[PDB]
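Pictured: Metallo beta lactamase NDM-1, co-complexed with ampicillin (open form).
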Amino acid sequence: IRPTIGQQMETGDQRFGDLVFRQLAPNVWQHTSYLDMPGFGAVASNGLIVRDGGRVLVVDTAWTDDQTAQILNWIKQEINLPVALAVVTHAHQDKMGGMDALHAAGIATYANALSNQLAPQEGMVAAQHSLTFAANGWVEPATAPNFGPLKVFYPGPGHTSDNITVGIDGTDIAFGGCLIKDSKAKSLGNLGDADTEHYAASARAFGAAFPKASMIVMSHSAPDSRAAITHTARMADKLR
Ligand SMILES: CC1(C)S[C@H]([C@H](NC(=O)[C@H](N)c2ccccc2)C(=O)O)N[C@H]1C(=O)O
Ligand code: NA
Ligand SMILES: [Zn+2]
Ligand SMILES: [Zn+2]
């Protein structure tokens, strides 16, 4: 698979069905799925799979229900542990397109309350549970029970008003979803639903919430250094 948008296949990538998986840490993998757009080619999107405490936690669906079912089948073959929950990082197809497949499999799903409120308007199925956030961006703990090492942070409006981010405690990894672009990116992607006034502050807030992380994982590029955060913020500075 050679995407028009998104990272290409490299050493360390395992093809499974129509998906690609890459191990990032002993208990963390990146899932990649592709949306084939007529006349344009494939768009890759990345999410995470985390093994913690005898279970698996998923960050983001694939673009489709079938692709998300294939993620669950890869988990069964390679990890063979129950998938306890999924957190999805905003109400757009690349992050929430496969909700029905998670629900059919009995997996509990979580999203920002605002993602769930926007979901139908965005063509998405809402998650079963809503996360809420303090004014400082951190998830209200009672809304995110039994999240293991996942640290869920709402950085403010940016790529969308509802975008959230996830760090993995005890690892070098933080996940910016579609908010963060890589350090060589030429644009901020689709700004159609974006908050151009607050984007730069939201990117910087993500960086400050996860100060230690050296591996920055994002929706449409390979994992990068913290230069992805700095570059995203500087690009966003130009929007205001
Ligand atoms: C890769 C994208 C430019 S498209 C994706 C998202 N768009 C979708 O999920 C749409 N369903 C879509 C429409 C046509 C082709 C591909 C995706 C968005 O608008 O943020 N995230 C964007 C982004 O992360 O900047
Ligand atoms: Na929209
Ligand atoms: Zn989006
Ligand atoms: Zn995206």
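So for chain A, numbering is the PDB entry's, and the shown residues are 31-270, in order. In listed order, ligands and their atoms are each counted from 1. Worth knowing before you read on, the calculation uses all heavy atoms, side chains too, and leaves out hydrogens, waters and symmetry mates.
- Ampicillin (open form), all copies counted: located at ligand 1.
- Proximity of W93 to ampicillin (open form, ligand 1) is established by a heavy-atom distance of less than 4.0 Å.
- Between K125 and ampicillin (open form, ligand 1) there is no heavy-atom distance shorter than 4.0 Å.
- Ampicillin (open form, ligand 1) places these atoms under 4.0 Å from at least one heavy atom of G219: 25 (O).
- The source species given by the entry for chain A is Klebsiella pneumoniae.
- Measured from ampicillin (open form, ligand 1), other ligands and ions fall under 4.0 Å in these cases: ligand 3 (zinc ion), ligand 4 (zinc ion).
- The shortest N/O to N/O separation between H120 and ampicillin (open form, ligand 1) does not fall below 3.5 Å.
- Residues with a heavy atom within 4.0 Å of ampicillin (open form, ligand 1): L65, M67, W93, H122, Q123, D124, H189, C208, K211, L218, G219, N220, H250.
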